[PDB]
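Step one of this worksheet: look at the structure below.
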Amino acid sequence: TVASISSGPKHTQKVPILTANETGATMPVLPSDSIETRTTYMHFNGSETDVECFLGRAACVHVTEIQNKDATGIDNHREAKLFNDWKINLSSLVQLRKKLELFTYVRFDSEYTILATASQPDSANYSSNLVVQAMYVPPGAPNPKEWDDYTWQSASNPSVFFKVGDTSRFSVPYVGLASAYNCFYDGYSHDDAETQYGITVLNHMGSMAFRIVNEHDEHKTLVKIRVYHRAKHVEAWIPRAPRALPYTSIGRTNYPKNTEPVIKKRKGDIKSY
Amino acid sequence: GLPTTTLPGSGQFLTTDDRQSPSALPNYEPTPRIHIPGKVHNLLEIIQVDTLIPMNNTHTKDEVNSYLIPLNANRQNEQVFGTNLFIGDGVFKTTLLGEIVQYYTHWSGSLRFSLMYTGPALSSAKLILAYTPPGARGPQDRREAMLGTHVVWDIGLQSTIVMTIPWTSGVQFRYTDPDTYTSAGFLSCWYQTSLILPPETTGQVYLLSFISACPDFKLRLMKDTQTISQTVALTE
Amino acid sequence: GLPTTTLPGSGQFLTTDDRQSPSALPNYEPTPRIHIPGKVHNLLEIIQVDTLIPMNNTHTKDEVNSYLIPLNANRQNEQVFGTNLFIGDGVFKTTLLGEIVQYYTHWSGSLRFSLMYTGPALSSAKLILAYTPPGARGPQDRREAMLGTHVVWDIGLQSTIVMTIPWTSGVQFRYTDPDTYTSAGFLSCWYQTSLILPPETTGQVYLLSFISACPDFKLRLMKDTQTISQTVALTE
Amino acid sequence: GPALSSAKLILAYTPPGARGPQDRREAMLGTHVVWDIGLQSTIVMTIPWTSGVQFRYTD
Amino acid sequence: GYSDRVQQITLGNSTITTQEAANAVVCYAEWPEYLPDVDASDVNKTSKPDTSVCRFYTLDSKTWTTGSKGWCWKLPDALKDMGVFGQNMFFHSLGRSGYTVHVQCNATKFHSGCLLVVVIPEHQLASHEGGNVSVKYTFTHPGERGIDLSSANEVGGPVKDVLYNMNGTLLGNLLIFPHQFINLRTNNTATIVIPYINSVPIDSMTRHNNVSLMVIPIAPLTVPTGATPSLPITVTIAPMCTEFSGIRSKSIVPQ
Amino acid sequence: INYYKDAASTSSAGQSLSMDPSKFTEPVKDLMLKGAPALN
Amino acid sequence: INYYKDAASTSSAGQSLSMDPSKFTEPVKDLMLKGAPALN
Ligand SMILES: Cc1cc(CCCOc2c(C)cc(-c3noc(C(F)(F)F)n3)cc2C)on1
């Protein structure tokens with residue numbers, strides 16, 4: 001594959017470098033169209049910039065917390081973090097979000113990796129070997145209310161049991177209801193004057209609940225859970241303007257008020273180098 | 001039992017590894033694909049589309065005006081604009097090219113820089129765009145700029161001039177992050193003759209500048225960008 | 001020793017994984033299979049069998065009466081019944097269809113809704129069943145209902161009318177769990193003419209309604225149902 | 001008009017059954033031609049035979 | 001002597017001519033088409049009114065002044081009240097369509113100004129309030145009037161900073177979307193053919209706007225000495241390959 | 001060799017190797033030849 | 001490849017792919033044709 005062909009002097013009626021950008025087209029002008037060039041080869045395929053590679057690596061998409069402690073007298077297990085849940089979404093942590101939002105529609109399979117790390121902030125005689133249970137609770141499935149509900153039986157919901165300090169790994173097929181996931185959605189759930197706007201109404205993927213299976217020890221253990229997402233078998237459509245301003249909320253395109261200029265201001269002239 | 005020996009790295013989680021893993025939803029049948037126009041396969045595809053350069057940084061805040069390059073009537077020899085060619089910073093940092101380029105550590109290839117005249121039809125002008133390859137300073141006058149790669153643009157019927165910034169380098173790749181040894185040079189524009197306005201016409205005409213990559217382009221070593229961040233996890 | 005590298009996920013117990021495991025009872029010979037009628041291979045097989053809909057929720061407790069849809073003599077234009085089409089809730093929640101549908105997150109396809117008349121043979125009536133696809137409200141009068149998918153049912157020798165609720169949607173799948181964007185619409189029934197009873201006959205005649213799936217039907221993403229629970233493990 | 005002048009007009013034909021249009025929006029809903037004034041000085045708009053009965057009275 | 005500048009577009013009983021065009025853009029190089037069996041899900045036979053809805057509808061003209069920020073229309077919203085197309089929109093549960101957008105704006109060889117005409121698929125607007133505030137239905141359904149980017153914020157409405165495309169992205173990068181410029185010195189019209197773009201075969205035409213059209217002044221308007229400091233901008237849109245499905249009662253929408 | 005029954009569990013797809021920028025760079029109705037006047 | 005001697009230790013069977021609802025939907029003695037009067 002040639003990068004540049006050999007091209008010499010020129011004196012024509014054919015002017016490749018004069019165009020009309022109001023047509024909306026970006027004419028494929030090459031260096032050999034405006035200067036004398038020599039032959040060079042690409043020695044390059046562009047593998048690393050393939051959308052499969054671009055979205056094909058794990059990125060942290062959520063961090064949450066649960067803890068192992070005596071549940072005696074706790075009236076709201078959920079609030080006490082005896083167990084916690086995550087309303088599944090990929091737009092909470094901004095790094096992966098900006099990448100995905102480089103496109104309008106996106107379709108792919110997902111590979112999840114869940115890392116659980118223990119912590120004992122105050123006096124403990126040892127570190128306990130806790131087992132985490134991550135259960136997927138799809139829309140319509142009964143949500144856990146107590147860390148040891150009948151819901152954790154998980155007869156139909158899928159769930160993994162892994163050691164804290166260890167990692168959990170599994171993949172999920174493309175689960176969108178449509179032919180592709182929407183990164184943006186200029187619409188509502190119905191024609192209502194007050195209903196929510198944006199993908200907020202589209203990305204209703206249920207949530208996944210986490211808990212520590214072990215009963216409590218004398219001391220209290222804080223387990224932090226990090227979920228990583230890697231896309232595979234990727235397809236992307238309709239490229240768009242990259243995000244410029246900071247995000248403020250999951251799902252909305254909203255940006256903060258009194259935000260700072262994102263375009264750098266010259267320390268001098270428009271003639272400055 | 002097949003005898004085995006586990007190697008260093010066992011149990012590690014390399015975010016970049018590409019392995020198989022059990023499916024949590026066995027026998028699930030995903031929704032059929034339907035045709036959707038505008039499919040993108042490679043980022044190198046979209047960086048070939050040019051976007052506007054906010055060449056006129058000069059303002060106190062982001063404005064439509066930062067994209068307008070002012071041109072002044074009856075000025076001779078003078079400089080219209082200038083900029084270094086660190087495509088991963090400066091004026092280029094917010095463009096589609098600069099934005100995508102920042103997702104990678106290395107870049108190589110030729111850049112496509114365009115200028116579209118928006119002054120009245122009955123006006124005229126001849127400008128000169130110049131690319132100064134690394135090794136010397138940004139040109140300080142037309143004569144100096146003219147000694148390097150350049151294009152004398154005659155404004156007319158065809159509104160846009162496309163000047164290529166041919167890959168001129170010793171090392172075959174440069175860092176997207178501004179690095180001296182890896183500098184790309186300078187870009188400048190000057191009045192070849194001058195801008196002439198017709199009768200009953202007054203003020204300023206502007207130039208719109210565009211940037212895009214040639215099929216020449218190469219990008220490698222994916223990395224996180226400095227164009228996005230957060231202090232706390234976002235919530236619904 | 002074959003060199004190996006263990007990957008993330010090692011040691012995990014994914015309730016959904018499908019692997020091989022050693023048998024705790026080697027050489028055990030299970031009992032021979034004998035023919036047993038009524039074998040079921042797929043749940044999609046049984047949801048095509050219709051069951052009674054407790055359309056008449058209105059009672060203070062579960063009763064045979066919640067399955068009886070009252071019909072009143074000499075009423076014109078009037079509405080007989082109505083219901084939204086969230087098959088995973090409301091009147092449908094306890095039916096075989098609703099019950100099975102709740103073991104999955106997504107559904108798609110056409111529904112088969114039937115009405116069997118049980119009034120005296122010498123009585124007569126013409127009703128109209130209507131399906132209002134999503135986007136507009138549940139019809140408030142016959143004229144409004146009649147503008148959408150409907151069937152004018154003439155009561156007679158053939159006791160049952162089968163109205164299909166054809167899959168009418170943009171997105172190819174809906175959530176079994178009531179979700180607005182994913183709503184299926186409304187179902188209503190009205191008097192086309194009116195119920196006429198013969199001499200020496202008095203009171204109320206009832207309609208029995210059935211629900212089942214068409215071979216159209218699709219169900220996916222298995223999950224636990226909200227139709228069963230316990231506070232403590234059961235004992236013998 | 002002078003060569004250096006410009007304009008865009010819209011000619012509309014309203015077939016029988018409704019009144020003569022009272023504003024552009026109303027006229028635009030029927031047969032019409034958006035004319036861009038320029039080099040070619042004349043616009044030719046056809047009034048296609050739009051009728052039920054196959055003939056009309058000149059009177 | 002055929003030129004990129006002279007064009008005629010005939011749809012239904014409506015025709016458009018332009019003697020100063022700059023070619024025409026066909027979004028993602030795809031011409032609109034009807035929904036093929038292989039992609040269909042909805043089992044209802046669809047309705048194709050053809051020429052009664054696939055024709056040019058001209059919106060109310062906007063006035064471009066030295067201070068204009070830009071305008072934004074949404075489809076199919078902008079045509080929600082246009083003849084038979086509009087009616088079908090509310091009488092059916094689902095619908096799908098493509099369009100030919102034709103933006104007009106003439107001046108003289110003494111004027112100067114440059115409008116960016118771009119089509120943005122799934123243009124989800126942002127709330128000026130930031131945080132997690134939503135944008136109420138009415139504010140993204142301005143209809144034929146469209147949204148004026150120089151108008152003041154209003155409770156429940158979207159942010160209208162031209163610089164940030166009403167969505168947190170920079171104006172200069174709007175060019176990645178199918179667009180065209182109306183550079184008075186070259187142009188006087190912009191034409192963009194839009195094919196149906198969505199992640200579903202067909203969809204609700206009232207609760208979802210597939211794309212929004214934006215006309216944004218980049219190089220400000222400049223009129224010759226002592227001339228009227230304004231120019232009109234006219235938008236004409238024609239639906240094409242329009243299909244409607246699931247006919248019924250007729251929606252009643254917010255406000 | 002694939003160890004699992006479902007497609008979703010396989011590893012990355014491998015370079016699309018299609019690459020056609022023209023649907024974004026030249027989405028014009030009338031083909032424009034490099035060198036020929038953009039506006040004839 | 002199966003690593004164990006007993007059948008019970010192998011993994012899941014894979015879709016029956018039979019599917020005949022009629023034994024539940026139409027368990028009638030005299031065949032009833034769709035369109036023909038149910039009760040003749
Ligand atoms: C955009 C976009 C795309 C997606 C896909 C979300 C996938 O949702 C899941 C997740 C996150 C986990 C599981 C899952 N299956 O088993 C487990 C367990 F191990 F966590 F229990 N988790 C299943 C689905 C459908 O979400 N937002």
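Chain letters run A, B, ... following the sequence lines, proteins first and then strands; every chain starts at 1. Part of the entry, not all of it, is on display, and contacts are counted within that displayed part. All values below come from the heavy atoms of this structure, side chains included, with hydrogens, waters and symmetry mates left out. Numbering of ligands and ligand atoms starts at 1, following listing order. This entry, so its header tells us, was determined using X-ray crystallography, 2.5 Å.
The name given to the drug at ligand 1 is pleconaril. Here the macromolecule bound to pleconaril (ligand 1) with the most contacts is known in UniProt as Capsid protein VP1. Other chains, heavy atom under 4.0 Å from pleconaril (ligand 1): A, B.
Within 4.0 Å of pleconaril (ligand 1), judged by non-hydrogen atoms, the site holds A:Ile88, A:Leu90, A:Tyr112, A:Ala134, A:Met135, A:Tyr136, A:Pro158, A:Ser159, A:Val160, A:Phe170, A:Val172, A:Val175, A:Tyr181, A:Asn203, A:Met205, A:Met208, B:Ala24, B:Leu25. Taking atom 26 (O) of pleconaril (ligand 1) as the reference point, the nearest protein heavy-atom neighbour is A:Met205 SD, 3.7 Å. Counting the atoms of pleconaril (ligand 1) from 1 in the order shown, those under 4.0 Å from a heavy atom of B:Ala24 are 15 (N), 16 (O). In terms of protein heavy-atom proximity, atom 12 (C) of pleconaril (ligand 1) is closest to A:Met208 CE, 3.6 Å. For pleconaril (ligand 1), the atoms closer than 4.0 angstrom to any heavy atom of A:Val160 are 18 (C), 19 (F), 21 (F). Close approach to A:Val172 involves these atoms of pleconaril (ligand 1), each under 4.0 Å from a residue heavy atom: 13 (C), 23 (C), 24 (C), 25 (C). Lab note: per PDB, source of chain A = Human rhinovirus 14. Regarding atom 17 (C) of pleconaril (ligand 1), its nearest protein heavy-atom neighbour is A:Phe170 CE1, 3.7 Å. In terms of protein heavy atoms, atom 18 (C) of pleconaril (ligand 1) is closest to A:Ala134 O, 3.6 Å. The PDB entry gives chain C the name coat protein VP3. Below 4.0 Å from some heavy atom of A:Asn203 lie the following atoms of pleconaril (ligand 1), by number and element: 1 (C).
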